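Structure containing kanamycin.
The first residue of the sequence shown is numbered 1, and numbering continues consecutively from there. Whatever order the structure lists them in is the order used to number ligands and atoms, beginning at 1. Determination method: X-ray crystallography, 2.0 Å.
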Amino acid sequence: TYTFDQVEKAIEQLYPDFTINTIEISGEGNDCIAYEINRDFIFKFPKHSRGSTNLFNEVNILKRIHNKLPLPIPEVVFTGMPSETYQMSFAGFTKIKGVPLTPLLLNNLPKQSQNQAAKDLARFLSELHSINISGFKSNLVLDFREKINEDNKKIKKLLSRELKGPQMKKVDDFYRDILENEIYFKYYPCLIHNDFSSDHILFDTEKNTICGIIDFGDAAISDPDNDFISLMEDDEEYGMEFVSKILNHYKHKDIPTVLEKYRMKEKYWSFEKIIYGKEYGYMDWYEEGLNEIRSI
Ligand SMILES: NC[C@H]1O[C@H](O[C@H]2[C@H](O)[C@@H](O[C@H]3O[C@H](CO)[C@@H](O)[C@H](N)[C@H]3O)[C@H](N)C[C@@H]2N)[C@H](O)[C@@H](O)[C@@H]1O
Ligand SMILES: O=c1c(O)c(-c2ccc(O)c(O)c2)oc2cc(O)cc(O)c12
Ligand SMILES: [Cl-]
C-alpha cells in the first residue's frame, strides 16, 4: 500500500514539471490501487509485483490500439519505471468521465438504449477482435490449452494432500473432460479485453450511451468468446438474454459454443479460486474453492 506522499514523490521524480494539486483514492483492485489526480488523470500503482505486470500489460496494449477503437479507452499519459520489484512502478491515464453500466442501470434503460448499448459493445468487440496482432509484444498470447494444463498441474500440486481419493478423481475427470473437448482450443486467436464486465463499461446518463471501456490489464491474445461469457453471468453481470443481443450484432456464428464455454467457465471458477487464491494469498478464496471442490 502507498501514502499520498509516496505517490506524489514517485510521480515528481519522472514528471518534475507536472503540478499535483489534488489526489484522492479513486478505486482499488486486486492488482492496483487507483488515484485520481487533478481530477484529470487516473494513476495506477501496483499493490504487488504480479499486479505490476498487469499494469505493464495495460500500458503496452493501450499504446498499440490507440485510436483503433469506436469507443473511448484510457490513454497513457504518464509511465513509471521498472524495478527489481515492479515491471512498472505506476502509470497515469486520462480520466474517462462516466459511471459503470451496472446490471441495474442497464435494465432501467429504454429498450432502445439497451439495444443500442448491445450494438455499441458488439462493434467495439468486433473492431478490437479485428486488430492486427503481428508485431505484438511478448507474453501477450494466452493459449487456453496451455492455461488448463498449467492450472491442472497447479491444482495437483496444491490439492494432493487436501483432497481424498474420490474427490481428486472428480478433479481429474473434470480436467480430462475439458481437455478432450476441441471447441475450447479451436478458436481463432484475437486481441481480447479478457475482463470485459459491466464494471469496465462506462456509461453516459445524459446521452444514454456507453462512453468508454476501461481496465485493459487482463488483455491478451486469445479466444474472443471470453469477452461474451464474461458479460453473461446472471449474479453480477448482464445475463444470457442481453449478451445474446450483442452476439447478433457481432454476427456471431456459433452461439451454442459460446454457451457451452460459459457453463464450463462457471464450473471452473472453483478451481480459479484455489489458484488465484493461493497465489494472491487470499486464504478466503482458497477455502471457498476447496469447499466447493469437496462437493458437487
Ligand atoms: N465475484 C464473484 C464472481 O467472480 C467471478 O466474476 C467476476 C470477475 O472475477 C471480475 O474480475 C476480477 O477477478 C478476475 C479473476 O476472477 C480477475 O482476472 C480480474 N482482473 C478482476 O477484475 C470481473 N470484473 C467481474 C466478474 N463478475 C466469477 O467468474 C463469477 O462466476 C463469480 O460470481
Ligand atoms: O477514467 C477512468 C474513470 O473515469 C474510471 C472510473 C471507474 C469507476 C467509476 O465508478 C467511475 O465513476 C469512473 O476509472 C478508470 C480506470 C482506468 O483504469 C482508467 C480510466 O481512465 C478510468
Ligand atoms: Cl515533466
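One finds kanamycin in this structure at ligand 1. Against kanamycin, the chain with more heavy-atom contacts than any other is given by the PDB entry as APH(2")-Id. The nearest non-hydrogen atom to atom 2 (C) of kanamycin, considering only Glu236, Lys265, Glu266, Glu288, comes from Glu236. At least one heavy atom of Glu233 sits less than 4.0 Å from an atom of kanamycin.
Shortest contact from atom 27 (N) of kanamycin to any protein heavy atom: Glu237 OE2, 2.7 Å.
Looking at atom 10 (C) of kanamycin, its nearest protein heavy atom turns out to be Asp195 OD1, 4.0 Å. Here is the list of kanamycin atoms found below 4.0 Å of a heavy atom in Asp199: 24 (N). Residue, atom and distance of the protein heavy atom nearest to atom 20 (N) of kanamycin are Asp218 OD2, 2.4 Å.
From the protein, the heavy atom lying nearest to atom 24 (N) of kanamycin is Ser197 OG, 3.0 Å. For atom 8 (C) of kanamycin, the nearest protein heavy atom is 4.0 Å or more away. Listed by atom number, the atoms of kanamycin under 4.0 Å from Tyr276 heavy atoms are 15 (C), 17 (C), 18 (O).
Residue, atom and distance of the protein heavy atom nearest to atom 4 (O) of kanamycin are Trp269 CZ2, 3.3 Å. Binding site of kanamycin at 4.0 Å (heavy atoms): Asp195, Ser197, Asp199, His200, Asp218, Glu233, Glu236, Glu237, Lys265, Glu266, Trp269, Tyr276.
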For kanamycin, output the ligand-protein N/O contacts shorter than 3.5 angstrom; if there are none, return none.
from, atom 1, to, atom 2, distance (Å)
kanamycin, 1 (N), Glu236, OE1, 3.4
kanamycin, 1 (N), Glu236, OE2, 2.9
kanamycin, 6 (O), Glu233, OE2, 3.3
kanamycin, 11 (O), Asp195, OD1, 3.4
kanamycin, 18 (O), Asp218, OD2, 3.2
kanamycin, 20 (N), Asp195, OD2, 3.1
kanamycin, 20 (N), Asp218, OD2, 2.4
kanamycin, 22 (O), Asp195, OD2, 2.9
kanamycin, 24 (N), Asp195, OD1, 3.4
kanamycin, 24 (N), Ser197, OG, 3.0
kanamycin, 24 (N), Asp199, OD1, 3.4
kanamycin, 24 (N), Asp199, OD2, 3.4
kanamycin, 27 (N), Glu233, OE1, 3.0
kanamycin, 27 (N), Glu236, OE1, 3.2
kanamycin, 27 (N), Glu237, OE2, 2.7
kanamycin, 29 (O), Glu233, OE2, 3.2
kanamycin, 31 (O), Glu266, OE1, 3.0

